[PDB]
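Pictured: anti-methamphetamine single chain Fv, co-complexed with MDMA.
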Amino acid sequence: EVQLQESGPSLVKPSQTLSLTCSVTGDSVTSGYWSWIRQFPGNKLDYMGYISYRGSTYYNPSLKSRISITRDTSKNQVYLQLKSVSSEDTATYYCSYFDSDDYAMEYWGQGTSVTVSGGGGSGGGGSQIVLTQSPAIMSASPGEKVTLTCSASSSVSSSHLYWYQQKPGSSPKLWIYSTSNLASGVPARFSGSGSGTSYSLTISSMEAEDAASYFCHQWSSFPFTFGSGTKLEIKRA
Ligand SMILES: CN[C@@H](C)Cc1ccc2c(c1)OCO2
């Protein structure tokens, strides 16, 4: 009921100002937030910030000085602006929409990759909860019961702990909301559980289509964060 697409340069030179556009299409909305989230090579996800239905903005302290997210209702678009880019800003950028009143769904765009002309070598200050996913890579044969864990460095509200599945050439899809609730499109063979600083995702019976990457997410404390991630594979060469 809502679709998003990112557009902008695929390569930028240092010091230049990276600019991206998020074209939103679908039903109108009476609330919510539009976030920008980027993914670096290695697939680590970084929450950049958002702009709400009412224009309120929030930036990850780590980008504070260089970022700005603006909206343009008339043409149903939201923007990303990032100054003083460096090789550390190279990553595929995604925009996403979420309605606080509907914890169960999230919309992500295709994600346009952006690079910075090789090289690159500033005033935030903040704290954040670290999410650790071990093991990093895993193989299981079809039929095995699989369990993935997410360890938080500090307690988080279990209702704000989410899981995501992602496959090559595609963006993250909401898999589990509020520790143990499956999202739309998820086979019931999946389940989640946990509390405090300990959570886990479980697959009762491993299917070939479950091979992909899984990331846990925390939005109990600002800035929201994502886990290192677990890449799951199927055995048999
Ligand atoms: C579950 N994914 C998160 C990142 C969606 C989101 C974005 C902004 C919001 C909100 C939730 O809570 C308050 O500000």
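In order, the residues displayed for chain A correspond to 9-129, 135-250 in the PDB entry numbering, which applies throughout. In each ligand, atom 1 is the first atom listed, and ligand 1 is the first ligand listed. Just the heavy atoms: all of them, side chains too, but no hydrogens, waters or symmetry mates, feed the values below.
The heavy-atom binding site of MDMA at 4.0 Å consists of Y41, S43, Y55, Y58, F106, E114, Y175, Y177, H230, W232, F237. Organism of origin for chain A, per the PDB: Mus musculus.
Of all atoms in MDMA, numbered sequentially from 1 with element shown, those under 4.0 Å from a heavy atom of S43 are 7 (C).
Each of the atoms 1 (C), 2 (N), 3 (C), 4 (C) of MDMA lies under 4.0 Å from some heavy atom of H230. At under 3.5 Å, a nitrogen or oxygen of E114, whether backbone or side chain, sits near a nitrogen or oxygen of MDMA. Less than 4.0 angstrom separates some heavy atom of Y55 from each of these atoms of MDMA: 4 (C), 7 (C), 8 (C). Heavy-atom contacts of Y175 reach the following atoms of MDMA: 1 (C) (cutoff under 4.0 Å). Ligand-side atoms of MDMA in range of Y177: 1 (C), 2 (N), range being under 4.0 angstrom from any heavy atom. The shortest contact between atom 6 (C) of MDMA and any protein heavy atom is with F106 CD2, 3.7 Å.
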